[PDB]
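Below, a PDB structure including minocycline.
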Amino acid sequence: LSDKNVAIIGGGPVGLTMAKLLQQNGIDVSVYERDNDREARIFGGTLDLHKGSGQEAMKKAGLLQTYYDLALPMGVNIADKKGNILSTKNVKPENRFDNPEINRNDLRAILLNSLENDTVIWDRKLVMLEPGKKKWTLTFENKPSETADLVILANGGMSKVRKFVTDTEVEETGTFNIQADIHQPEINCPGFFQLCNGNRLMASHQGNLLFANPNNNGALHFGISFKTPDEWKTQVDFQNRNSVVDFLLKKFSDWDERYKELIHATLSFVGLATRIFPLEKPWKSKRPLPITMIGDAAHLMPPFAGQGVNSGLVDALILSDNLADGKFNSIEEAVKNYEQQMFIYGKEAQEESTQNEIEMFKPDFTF
Ligand SMILES: Cc1cc2nc3c(=O)[nH]c(=O)nc-3n(C[C@H](O)[C@H](O)[C@H](O)COP(=O)(O)OP(=O)(O)OC[C@H]3O[C@@H](n4cnc5c(N)ncnc54)[C@H](O)[C@@H]3O)c2cc1C
Ligand SMILES: CN(C)c1ccc(O)c2c1C[C@H]1C[C@H]3[C@H](N(C)C)C(O)=C(C(N)=O)C(=O)[C@@]3(O)C(O)=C1C2=O
């Protein structure tokens, strides 16, 4: 049911997957991505696609083998502030396929490559949405505007164009995350690198959490998290390396030298407040033209349970099915139904992520 065309805003994992599953069923899709070009480097850790959810989307796109090829199984160590390993869960073969970590750039290369040529239009930053006659008018910063019968919002948890769908707002969660990458970790943070010993790593002490992957395409990526300091309105300047170091070395004074060394080796930090785009009230049932939201734009949730890209990939799977299989009379019904399902499991996921994030950051939290 499409002698029409679809517009996905944002070429994240979710949006790009969405375009694949539609373009597979003959649907006319374009992806408008903010990024200047495909070789833009995506900051952040590795994604694990679970079987049942994320992996199903890759399977349906016929990319699951590709995902496996590029991915990487990881063990995980739990450590204390002193450097003791408290637990080593290595990977058992056949578990190797349960949730191998993939690099975010690697993943995009897999998705992009799956799409037909010029499916993604780069250097397109969506600023404005206007529901014209029977089409949406899409307005792009310093670029030609465009039109589409259906707009799929897949532009992340901070999307500024959710208005025609819902007026719910992003909330700050209470915790705050500081993330960084270290290159040549074996050289620049040899102590910490060896404590990881090839596995992910997660220590926890007095409401300050640490997480770390020692091998994201040969970059150590770590993240520290904590309940937001009250004195923050974020009253620390993440542009000043030394500002952040000092704040961290204070938070981490009790910890072994190994961790201080990590903080010391970091060239630049990224500050981030945990946010949720809560699935409370239903979305607007009164919409000028066909429009919906998948991925982080639809159910942004704390990054403490490995959901998000999965839920998002599922969003894609469901919506894409619904918009094609023929089992529907109107696009409005097909989106309504995807939104029906997604609300149940999205909320389920948020519940976990919220709960887990409440679980840690307690006075005495065991990993
Ligand atoms: C620190 C941290 C750790 C995390 N760890 C995990 C994890 O381990 N596992 C997991 O599943 N999830 C994790 N998440 C959440 C997860 O990474 C996201 O759910 C996932 O990236 C969602 O993909 P998406 O396409 O919906 O969102 P995004 O990746 O946010 O999609 C953004 C895309 O849309 C584009 N875009 C943005 N704005 C515009 C615009 N105005 N116009 C056009 N294009 C635009 C962006 O350029 C980008 O390409 C984590 C999040 C954080 C912050
Ligand atoms: C232990 N905790 C319950 C879980 C459970 C399941 C998961 O699938 C995951 C976690 C920890 C979280 C920690 C977060 C951390 N932070 C809260 C964002 C974080 O910074 C990192 C990191 N490597 O820096 C993660 O691994 C992380 O993104 C992550 O992917 C996790 C993750 O994959």
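Heads up, chain A uses the PDB entry numbers, so what you see runs 14-246, 249-382. Counting starts at 1 for both ligands and their atoms, in listed order. Note that these values count all heavy atoms, side chains included, but never hydrogens, waters or copies made by symmetry.
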Positions of minocycline in the model = ligand 2
What does UniProt call the chain with the greatest number of heavy-atom pairs under 4.5 Å to minocycline (ligand 2)?
-> Flavin-dependent monooxygenase
Which residues that UniProt lists as binding FAD in chain A have a heavy atom under 4.0 Å from minocycline (ligand 2)?
-> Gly321
Report the binding site of minocycline (ligand 2) using a heavy-atom cut-off of 4.0 Å.
-> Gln192, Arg213, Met215, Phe224, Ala225, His234, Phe235, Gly236, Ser238, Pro318, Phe319, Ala320, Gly321, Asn371
